[PDB]
Q: 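Structure with progesterone, see below.
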Amino acid sequence: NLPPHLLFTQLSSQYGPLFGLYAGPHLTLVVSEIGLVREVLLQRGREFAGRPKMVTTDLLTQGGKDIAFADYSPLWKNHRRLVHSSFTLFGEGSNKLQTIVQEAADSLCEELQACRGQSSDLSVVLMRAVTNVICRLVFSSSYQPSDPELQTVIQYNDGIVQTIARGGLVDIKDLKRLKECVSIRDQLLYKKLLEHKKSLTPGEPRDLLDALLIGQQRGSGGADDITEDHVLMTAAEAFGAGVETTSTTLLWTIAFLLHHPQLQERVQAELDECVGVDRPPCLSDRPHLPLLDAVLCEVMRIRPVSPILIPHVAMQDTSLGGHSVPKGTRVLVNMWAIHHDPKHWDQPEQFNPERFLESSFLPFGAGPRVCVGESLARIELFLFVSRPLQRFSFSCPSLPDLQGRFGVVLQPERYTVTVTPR
Ligand SMILES: CC(=O)[C@H]1CC[C@H]2[C@@H]3CCC4=CC(=O)CC[C@]4(C)[C@H]3CC[C@]12C
């Protein structure tokens, strides 16, 4: 009838913004209002920082050794501290990410030239580009578009997406097809991991994978220290969490610029004044591109990639609203609600980047469980989007459907778009 994110958004008007669903022994709360969600993420962030141990996830994360589906704990804090710093170093700390992402936007731009004068479907092409970026950032891969090993990775990532899309988080088989995908994935990375452990300079540099292995190098004894399996799982997750979210956010951006050609022209003016028409845009231009940033913020608001977050589990007996919340309780954060709440947003259903130009905006979550790839994401999307807008104009050749479909993320239905440069 109606997807859960809209259903509970819709019920929040008449009945409350906190809803309790029952199934089996576990209570499941759904939270559709900013104060409540802030209570879960920030205010009692630590209490609700647990994750649920499903069987798909176990396969995925070799038993909860990743970041996303592991419980808050001494081991998980060191692990994430290790991760967070790794990313910071590659993005803010220097220009390895900038370079990776610029040089990839080249390839992407080049691929698009050749697609003129078609009414191409991009999505594959972008998928490729963001996947390549993450291959680069994690292994120092040097694949070009045609490369078969890159093609392997997209194919096992793709299989995992397809598999999960049909089936379970079981919030609210064929589980063998995942194991298969997972195995080829686990092996290929491990190989890369072996290749990396052999050539390893701690001072620096040269890779997210290096950076974890160093961190794991410094690994006194069991209790709260990361094994090597977490390194591998964290590398796998950089794709798992990073590709489909980033590619989709790009797919929406473009989808919306088709509906708003004027706005696409306005951002293109911004780029022309501020950046050359030759120079590639780089991170230092960010402050000087206020509209673009607005556009990006708006896309992330209006079509949240995960309109319901992965559950937050109640680590101890706690409370929410003024209501007690037993240990083990699952809490679904309704990202669509808080991003479409008319109490907090004027014309929340209209695409208006100007609303970010002049509070309950949490595109990356927040609190202990906040996105660990936020800095990387933001840089990815800035760099990617400035370049194609600088080099290309995207028009309709009937306009794409902006409702959205739920794969493993919320995403627009496949569309054709005319791609035209200068
Ligand atoms: C909540 C969020 O936006 C991110 C954080 C972790 C991410 C998940 C991590 C596991 C995963 C692996 C994949 O290969 C596909 C997408 C999924 C299913 C990811 C969907 C987006 C998630 C759920």
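The numbering of chain A matches the PDB entry: 53-224, 234-419, 428-466, 470-494, in order. Counting starts at 1 for both ligands and their atoms, following the listed order. Structure method, as recorded: X-ray crystallography, 2.7 Å.
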Q: Main binding partner of progesterone in this structure, as named by the PDB entry?
A: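 Per the PDB entry, the chief partner is Cytochrome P450 family 17 polypeptide 2.
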Q: Which residues are in the binding site of progesterone, using 4.0 Å as the heavy-atom cut-off?
A: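 By heavy-atom distance, that gives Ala120, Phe121, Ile212, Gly301, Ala302, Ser367, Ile371, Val480.
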